[PDB]
Every structure is written in C-alpha cells, then in structure tokens.
S.K.: 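Structure incoming, see below.
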Amino acid sequence: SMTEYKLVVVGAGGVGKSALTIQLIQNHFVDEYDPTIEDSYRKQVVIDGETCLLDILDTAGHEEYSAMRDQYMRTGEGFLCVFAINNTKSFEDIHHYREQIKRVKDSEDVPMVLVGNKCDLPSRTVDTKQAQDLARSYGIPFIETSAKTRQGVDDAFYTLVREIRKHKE
Amino acid sequence: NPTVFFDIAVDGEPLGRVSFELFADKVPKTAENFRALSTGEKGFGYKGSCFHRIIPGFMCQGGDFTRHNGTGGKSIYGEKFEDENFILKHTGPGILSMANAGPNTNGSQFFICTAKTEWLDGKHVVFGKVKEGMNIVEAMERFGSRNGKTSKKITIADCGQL
Ligand SMILES: CCn1c(-c2cc(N3CCN(C)CC3)cnc2[C@H](C)OC)c2c3cc(ccc31)-c1csc(n1)C[C@H](NC(=O)[C@H]1C[C@@H]1C)C(=O)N1CCC[C@H](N1)C(=O)OCC(C)(C)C2
Ligand SMILES: Nc1nc2c(ncn2[C@@H]2O[C@H](COP(=O)(O)OP(=O)(O)NP(=O)(O)O)[C@@H](O)[C@H]2O)c(=O)[nH]1
Ligand SMILES: [Mg+2]
C-alpha cells in the first residue's frame, strides 16, 4: 500500500503558507488575502521513484490562537516552518514555532524544513546566509521558495518527506 | 437606530427573515455602511451574497459581495475604512460585528455571534444585534463545520431597511 505522510505547514500570519500549499495541490497562485482557520489536503506524488500520499495540514498563523496549536503539533509527522524573506518579524517567529513544536512533541528531533518564502520580491530584509546559518544550527534543511513563481515549492515538500522518511527508519 | 432585514435562503429555499437593530447612536459610520449595503442604494450590496463561513458554536460570517469567496467586499466609504470605536462588546448570541484583516480594515464582511466571543472585544467593531429571527441564525449553524466551510449555499435572497 501507499505510505501516507502527515505534513503540517506553520508560520506567522501572511507568510504564504496557504499560497505554497495551494501551489503544490492545485498548481495556481492565490493573489488574495484569505486568512486560514484550518485546511487539509491530499496529494499523491512520486518521490525518489516511489509513490506516496501527502496529507497536508495548512494551519492558522493568526497570532491570537497561539495556545491552540497543541493538537495538530501532536499528530503531525513533519513540519514546514515558513517565514517570508521581506518580514523580519516572521523570521524571528520561527524560533518560537520550532520551540513550541519541540515542547508539544517533547523531542528535540522532529522532521522539519525551514522555508524562506516570497523570494520573488525585491524588498528583501532577511539574508540568505542568515537563514542558511540558522538552519545549519538547527540541523535541518533550508529552501527558498516563491508561491508566486513556484520556485522551490516541490523541493520544500519533497525534502520534508525525505526528512520524515529518515526519521521513521 | 435603524432596522434592516435579511431574507435567508438555503440552496435557494427560504429559511426565514432575520432583522437587526443597527447601533447608530454608538457607531453611526459603521451602522450607516451596513444600512446602505442592505438597501443596495449605492448600486452594490448584500443582496445575493452568501454566508461563506459558519462555525457551529461561534458565529455566522458573510458579506463578501465582490468576490463571493471570503476575500472580498467593500464599504460605501471605499474598500476599507477605520475602526470607529470598540465601545460595544461581543456579549452573547445575536451580536452583529465587523470582520476585518487587522486594524482599520473594515469593509463589508460581518459576523453574527451564536455565543459570547469575549476575546474579540477591542479587535472587531460591534455595531448591531439580531432583533427578530435569532432561531434562523441558529438554524444556519446546521450547515457549518469546524473550519467554516458550508455544506449548502446559504444566501441573502433579499435585504432592505424596515
Ligand atoms: C485555532 C482555530 N481558530 C479558532 C477557534 C477558536 C476556539 N476557541 C476555543 C476557546 N475559546 C476560549 C477561544 C477560542 C475554538 N475553536 C476554534 C476553531 C473552530 O478551531 C478550528 C478561531 C479562529 C479564527 C481564525 C483562525 C483560527 C481560528 C482567524 C483567521 S482570520 C480571523 N480569524 C479573523 C477573520 N478575518 C477574516 O475573515 C477577514 C477576511 C475578512 C475581511 C474575521 O474577521 N472573523 C470575524 C470574527 C470571527 C473570525 N472571523 C472567525 O472565523 O473565528 C473563528 C473562531 C472559531 C470564532 C475562532
Ligand atoms: N509575492 C508573493 N506573494 C506571496 C507569496 N506567497 C504568498 N503571497 C501573498 O501573501 C499574502 C498572504 O498569503 P497566504 O498564503 O494567505 O499567507 P498565510 O501564511 O496562509 N496567512 P494565514 O496564516 O492568515 O493563513 C497573499 O496576498 C498572497 O498572495 C510569494 O511567494 N510571493
Ligand atoms: Mg493561510
């Protein structure tokens, strides 16, 4: 049977979590602001020559509900931690999302990928080397993405599947 | 304080009429926006639009008449207008309050509470309350879900001022 992988997308409001997810699932780019409550998606993909099923939870970045993340952090197998490269605050929120995931999972070793989104925009405020250094100190991969141009979208989700797979085995 | 009405339909079948008092004494600008959008007198408004987000236990949200997907809407003052005041609180079922995308982003989207939602106080402008037909709003919860997606099309078939 096909292996199912439970992925969760987290990050501050407006960084592009849903835009990335809808690019992966539906291959189109949502220009509009549609803040998420909670959404779930399914997609089968071929990764390293094997078909697998991605179950993707798109979560709310709305800062008011930070105390209600525990249930989905318990069930998720791997985490896409998204910031936007033109929003320094979203980059600083990353540390807090990661710690929260570690606290709920009670584990310092959780499949994760750091994602710097909106790399199509010129107004960059977070330096690539700064995110590379941060990811290196976490021991996790780092990928720059654009949900607008699709740059890195497949690679980010596929890399997280590879991380989860290494953790299961 | 003016009174407006919505005639609600479920997949085109009548469900009944909900009426609202609009608190023009406390939030005159916000009340006038909703009143004018209910009559359609500016050439656009709520008639024909849907309730796109219904979460049982919390609220029914609608008013996106420009995009019909939860991302649109506009006020009679422009696409957005400022938070008028937060004098009134989300005290219980029937409160009518503005949806928004953060500070000073009111448009046309609104929500009707079906419970007390105290943590929204100071963040959403309360401007009205259900006068008659609260059980119709309760009945709209039958078509909602945990993330708000509706199982039938809940529309404002007609609306106006009483
Ligand atoms: C943690 C999960 N969650 C939850 C939540 C919260 C609880 N609590 C239990 C304990 N009590 C004490 C505290 C709360 C329980 N269960 C859930 C849900 C059912 O678990 C899935 C909410 C929520 C809201 C947003 C994101 C995630 C969210 C959000 C995301 S954008 C937003 N809010 C504000 C929203 N802007 C818009 O639409 C903009 C586009 C237009 C212009 C908006 O103006 N309005 C009007 C007011 C209501 C709000 N929509 C809305 O829909 O609130 C849903 C509600 C369920 C009331 C709160
Ligand atoms: N230029 C550009 N804009 C993007 C990109 N990703 C998302 N956006 C835009 O940024 C805004 C927010 O996108 P969205 O995916 O809704 O963000 P979110 O993280 O899901 N927000 P929430 O946590 O409220 O659900 C939208 O206007 C969207 O079109 C990107 O890669 N490039
Ligand atoms: Mg989202």
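Numbers restart at 1 for each chain; the letters A, B, ... are given by sequence-line order, proteins then strands. In each ligand, atom 1 is the first atom listed, and ligand 1 is the first ligand listed.
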S.K.: List the drug name recorded for ligand 1.
M.R.: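 Its PDB name is daraxonrasib.
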S.K.: Provide the name in the PDB entry for the chain that contacts daraxonrasib most.
M.R.: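 Per the PDB entry, the chief partner is Peptidyl-prolyl cis-trans isomerase A.
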S.K.: At a 4.0 Å heavy-atom threshold, what other chains are in contact with daraxonrasib?
M.R.: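 Heavy-atom neighbours of daraxonrasib: A, B.
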S.K.: Under what name does the entry list chain A?
M.R.: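 Entry name: GTPase KRas.
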S.K.: Could you work out, for atom 53 (O) of daraxonrasib, the closest of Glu32(A), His52(B), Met59(B) by heavy-atom distance?
M.R.: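 It is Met59(B) whose heavy atom sits nearest to atom 53 (O) of daraxonrasib.
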S.K.: For daraxonrasib, is any non-hydrogen atom under 4.0 Å from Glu64(A)'s backbone (N, CA, C, O), its side chain (CB onward), both, or neither?
M.R.: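 Neither; nothing of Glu64(A) gets under 4.0 Å from daraxonrasib.
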S.K.: Between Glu63(A), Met68(A), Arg146(B), which one has a non-hydrogen atom sitting closest to atom 8 (N) of daraxonrasib?
M.R.: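 Answer by nearest heavy atom: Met68(A).
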S.K.: Which species is recorded as the source of chain B in this PDB entry?
M.R.: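 The entry gives Homo sapiens.
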S.K.: Should one rank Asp34(A), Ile55(B), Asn100(B) by closest heavy-atom distance to atom 39 (C) of daraxonrasib, which comes out on top?
M.R.: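 Result: the heavy atom closest to atom 39 (C) of daraxonrasib is in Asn100(B).
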S.K.: What is the UniProt domain of chain B where most residues contacting daraxonrasib are found?
M.R.: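 Chiefly UniProt domain PPIase cyclophilin-type.
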S.K.: Looking at daraxonrasib, would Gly70(B) count as a contact under a 4.0 Å heavy-atom criterion?
M.R.: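 Flag set, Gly70(B) near daraxonrasib.
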S.K.: Could you name the option among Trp119(B), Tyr65(A), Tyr33(A) that has the heavy atom nearest to atom 23 (C) of daraxonrasib?
M.R.: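 Ranked by closest heavy atom to atom 23 (C) of daraxonrasib, first place is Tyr65(A).
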S.K.: Taking heavy atoms and a cut-off of 4.0 Å, what residues surround daraxonrasib?
M.R.: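 Heavy-atom contacts: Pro35(A), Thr36(A), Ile37(A), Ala60(A), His62(A), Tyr65(A), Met68(A), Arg53(B), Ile55(B), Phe58(B), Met59(B), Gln61(B), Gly70(B), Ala99(B), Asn100(B), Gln109(B), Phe111(B), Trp119(B), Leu120(B), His124(B), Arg146(B).
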S.K.: List, for daraxonrasib, each N/O atom that has a protein N/O partner under 3.5 Å away, with both atom names and the distance.
M.R.:
| residue | atom | partner | partner atom | Å |
| --- | --- | --- | --- | --- |
| daraxonrasib | 36 (N) | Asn100(B) | O | 3.0 |
| daraxonrasib | 38 (O) | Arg53(B) | NH1 | 2.9 |
| daraxonrasib | 38 (O) | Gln61(B) | NE2 | 3.0 |
| daraxonrasib | 44 (O) | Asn100(B) | N | 3.0 |
| daraxonrasib | 44 (O) | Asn100(B) | O | 3.4 |
| daraxonrasib | 45 (N) | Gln61(B) | OE1 | 3.3 |
| daraxonrasib | 50 (N) | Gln61(B) | OE1 | 2.9 |

